[PDB]
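Structure of ifenprodil in complex with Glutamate receptor ionotropic, NMDA 1.
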Amino acid sequence: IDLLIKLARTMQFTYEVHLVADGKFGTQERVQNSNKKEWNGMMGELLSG
Amino acid sequence: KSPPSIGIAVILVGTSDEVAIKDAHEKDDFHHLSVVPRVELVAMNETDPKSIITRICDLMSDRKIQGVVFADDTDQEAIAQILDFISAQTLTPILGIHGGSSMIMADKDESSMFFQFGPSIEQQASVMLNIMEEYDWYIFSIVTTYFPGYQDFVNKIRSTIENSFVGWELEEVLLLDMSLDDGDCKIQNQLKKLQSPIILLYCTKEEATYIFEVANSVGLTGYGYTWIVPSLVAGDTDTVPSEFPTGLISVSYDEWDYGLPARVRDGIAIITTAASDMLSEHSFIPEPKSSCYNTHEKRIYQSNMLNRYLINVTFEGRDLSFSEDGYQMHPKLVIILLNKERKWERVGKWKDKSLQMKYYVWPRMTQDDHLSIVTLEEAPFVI
Amino acid sequence: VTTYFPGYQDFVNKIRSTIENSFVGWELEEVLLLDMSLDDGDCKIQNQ
Amino acid sequence: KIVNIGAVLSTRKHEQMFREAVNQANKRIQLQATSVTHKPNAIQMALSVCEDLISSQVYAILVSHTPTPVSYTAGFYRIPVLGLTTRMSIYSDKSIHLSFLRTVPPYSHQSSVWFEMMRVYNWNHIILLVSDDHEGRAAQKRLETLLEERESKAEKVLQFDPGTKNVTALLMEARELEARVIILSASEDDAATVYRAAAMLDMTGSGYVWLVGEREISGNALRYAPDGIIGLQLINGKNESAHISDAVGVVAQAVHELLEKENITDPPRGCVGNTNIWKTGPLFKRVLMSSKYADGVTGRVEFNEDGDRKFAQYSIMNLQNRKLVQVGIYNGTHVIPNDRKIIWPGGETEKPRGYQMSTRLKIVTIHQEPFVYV
Ligand SMILES: *[C@@H]1O[C@H](CO)[C@@H](O[C@@H]2O[C@H](CO)[C@@H](O[C@@H]3O[C@H](CO[C@H]4O[C@H](CO)[C@@H](O)[C@H](O[C@H]5O[C@H](CO)[C@@H](O)[C@H](O)[C@@H]5O)[C@@H]4O)[C@@H](O)[C@H](O[C@H]4O[C@H](CO)[C@@H](O)[C@H](O)[C@@H]4O)[C@@H]3O)[C@H](O)[C@H]2NC(C)=O)[C@H](O)[C@H]1NC(C)=O
Ligand SMILES: *[C@@H]1O[C@H](CO)[C@@H](O[C@@H]2O[C@H](CO)[C@@H](O[C@@H]3O[C@H](CO[C@H]4O[C@H](CO)[C@@H](O)[C@H](O)[C@@H]4O)[C@@H](O)[C@H](O)[C@@H]3O)[C@H](O)[C@H]2NC(C)=O)[C@H](O)[C@H]1NC(C)=O
Ligand SMILES: C[C@@H]([C@H](O)c1ccc(O)cc1)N1CCC(Cc2ccccc2)CC1
Ligand SMILES: *[C@@H]1O[C@H](CO)[C@@H](O)[C@H](O)[C@H]1NC(C)=O
Ligand SMILES: *[C@@H]1O[C@H](CO)[C@@H](O)[C@H](O)[C@H]1NC(C)=O
Ligand SMILES: *[C@@H]1O[C@H](CO)[C@@H](O)[C@H](O)[C@H]1NC(C)=O
Ligand SMILES: *[C@@H]1O[C@H](CO)[C@@H](O)[C@H](O)[C@H]1NC(C)=O
Ligand SMILES: [W+6]
Ligand SMILES: [W+6]
Ligand SMILES: [W+6]
Ligand SMILES: [W+6]
């Protein structure tokens, strides 16, 4: 958090901090059908925009 | 006026018992349906595009063919593809119940109403993997051609492997191109890149002969190499090419327990049950096109609604339903093995997601490279 | 890579024994022998 | 020694053109021209293929603008088909169309130009919009291929159901992304729907770049297409006569090369009772795929691994004051800007920068014991 404050101090940008929708970090896993590689976790939210 | 009669054309190609077929399709009179089938058997010699298209279109021009039950004695998947095309253009329910018409066709037309009495490529592949589990054949390679469904096959194998704690070893995946010639010895090299003792070959029978020939030229048909193939590779168990290796495991339909008249009767039952379920849910049935020359004008008048009733048929306590892609949901499968007598022998059975093999240990030739070793449980040496 | 042209054994052995008796990290990955007395319609040479 | 070539063409005039091209090939074994016009439907078309063309033992079949029944029917025997004007990507799938070549590139190859255009303008961050059908997915796969042949990345890929008239959701999905460069693949009527929504969503003004293909600047799609759009047109792409001429030259060359070999069998004649493939089919096909004709009326004719025309040239076109203006050409590997200046969709005439960084960056974190207390 303090590091994010430092980054906001150096580079001026507004931030909207939020937690992960799940409880994991970011690991790739198979889809429910058709076998599609999909990341779950923080990266799952980062890749989905 | 009177219970409406739907026109179901039963097409038989080659040597077939029309008597036994008609005696098993007219005897069991069905009154549990809101419609009664008007079965009309038709014979046909040739299985070329023009002959099939002409025969079917004339069969729809003469009588009101609401459904078409198709059967042949050959091993031509092109039959099934042609039937799918006809079923797509005319929006006519077609059921490939036997022969090449029963050979699975992946990625059918969007408006196709062509269903086949056979297991899906994914399902066959799954059965193959189950066989590899039953005899602990964890290390294997896959060889497929450009035939429609190779992608679904390989992807099914991969999807089944990844989500498993079993030590699978997929060494090589070959994509043999049969569209061109093989004078540059590309296929020979690809096959020469095979190291696995178990090879899963996916292609047509005609292609399978060539691939097995080249593999024999390289040295992959002898002992120490076990080939496993789907249904469209073996096909007719009474017709075995010389190029086919002895010890070739294959997943086929239970033709012994599932006879041809039973197949015809089941198909007719499917079309009829679908028509009945449609006439009791929307009180109408799509008018049979009496011409293949005006299927471009009355296209906005023709519908693709019978599918949702064709995909879901329960008959005589048996679930003869299909899938969206056009394959049987719960097919009775049989695992056959090519013996030294160059004949197909049933060595396994697959039913209701259950695999029952004939032998516990797979009968391999006791060569001078195979030994029987005994061990005693002793930690930590033998845990 | 050699053919059956006389000398090829002298050559391969000269290499092998120069290598063997050296404190240098030589690495001989492959030694091919090509039969130029037969046609090359089976693409053997190509695969070598 | 008589090698028949077939063709399904638009008119008797083009038939006479085919005939004259074949006659010229003979002038420059002797060929004879045999042709018909398109049938009203696919079944009649297949039957026509058998009774009129394959009945004369054609080594190959030229097809102009739904070649599908002809590809299926001829492919049954492995008789090669040469598409003269079809650009649909579905004909590039060897699984479905086993022996199909074409003298024009598929729509999706326009992506290569798009890629070169990104090089031509240093667009490192892009949004891709494709229709959720075969052609759209083909274009997506192809561009992702070009982007992951050199680390380049797609900021997002959006897909829409064909025939959907309100695409506002998708475009709002594209507003939230940073990248202001937008690539589109869609049919005419869908191009129209996206252009309309886009404008109503004010995405056609300053800051936004729109890069598109040929279908998205054709016919009705032009009627509502925003100004400053960049698009492509296949050069000679609509001259059926030229492509007939070139196809006939290539096929004649291929026939003669094929007949320079040994153990050549003839193709099947009638359909009735013949269910085996033409044994020399795959080899004849190999010959076409690897044919080379340097002095072609439409430029240099060669085929790639899918049997698609390679080294095609495209006009790079810009819509200026509702008029289509040529701003450049795509050759084989390089973009060439002409003296006519590009007018972009937006403010001024300077090339925009598709990298507008948002001031609000949604930072995400996870509850960890020593670093992030919640
Ligand atoms: C073209 O595209 C634009 C998009 O840019 C369309 O504008 C969009 O229209 C939709 C539909 O009207 C707007 O709705 C969102 O819709 C959802 C879900 O429900 C709506 O549909 C239900 C059926 O699926 C229906 O039952 C709903 O009606 C009940 O509930 C509402 C209250 O939600 C009540 O008022 C009704 O009486 C019904 O009891 C409803 O019609 C909805 O949940 C969304 O709501 C939340 O967020 C919005 C802010 O975004 C907020 O205002 C709401 O109060 C709610 O908290 C929301 O309404 C959508 O907003 C439109 N989008 C835009 C950008 O305007 C346009 O209609 C299309 N036109 C054409 C011609 O195609
Ligand atoms: C279609 O039009 C194109 C114009 O945009 C043509 O491309 C041009 O082709 C010419 C002729 O070869 C090139 O000029 C030469 O380029 C070479 C290569 O050096 C450059 O590229 C290498 C990598 O390959 C790179 O390392 C260098 O830094 C250079 O960038 C030079 O060696 C020569 O001296 C000479 O300059 C043009 O560079 C090239 N333009 C572009 C933009 O690529 C194309 O040839 C035309 N096609 C046909 C069929 O005529
Ligand atoms: C394309 C091949 C096939 O898919 C295939 C065969 C071998 C392969 O290695 C790979 C693919 N087909 C296409 C359709 C043909 C049937 C047909 C003809 C006319 C109308 C409708 C349908 C029959 C052969
Ligand atoms: C072809 O069909 C006709 C009747 O339809 C039959 O008389 C003939 O015997 C058939 N051909 C063969 C080879 O059996
Ligand atoms: C299939 O038929 C059964 C018979 O009752 C019905 O319950 C089921 O809903 C049907 N399935 C679908 C998908 O309609
Ligand atoms: C083909 O059409 C184009 C027009 O776009 C032009 O080259 C000419 O009219 C035609 N070429 C030939 C050689 O006939
Ligand atoms: C071509 O050669 C092959 C032998 O490899 C065989 O089919 C036959 O000898 C020749 N074919 C014909 C049709 O004569
Ligand atoms: W002369
Ligand atoms: W002369
Ligand atoms: W002469
Ligand atoms: W002469």
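Chain letters correspond, in order, to the sequence lines: A, then B, then on. Numbers in chain A track the PDB entry; the residues on display, in order, are 460-508. Numbers in chain B come straight from the PDB entry, and the residues shown are 30-396, 403-418, in order. Here the PDB entry sets the residue numbers for chain C, with the shown residues being 172-219 in order. Sequence positions for chain D are given in the PDB entry numbering; the residues included correspond to 25-52, 58-94, 103-411, in order. Quick check of the header: X-ray crystallography, 4.0 Å. Only part shown; contacts counted inside that part. Indexing begins at 1, ligand by ligand and atom by atom, following the structure's order.
- Counting repeats, the structure shows ifenprodil at ligand 3.
- Every other chain with a heavy atom under 4.0 Å from ifenprodil (ligand 3) is named here: B, D.
- Recorded in the deposit, the name of chain B is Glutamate receptor ionotropic, NMDA 2B.
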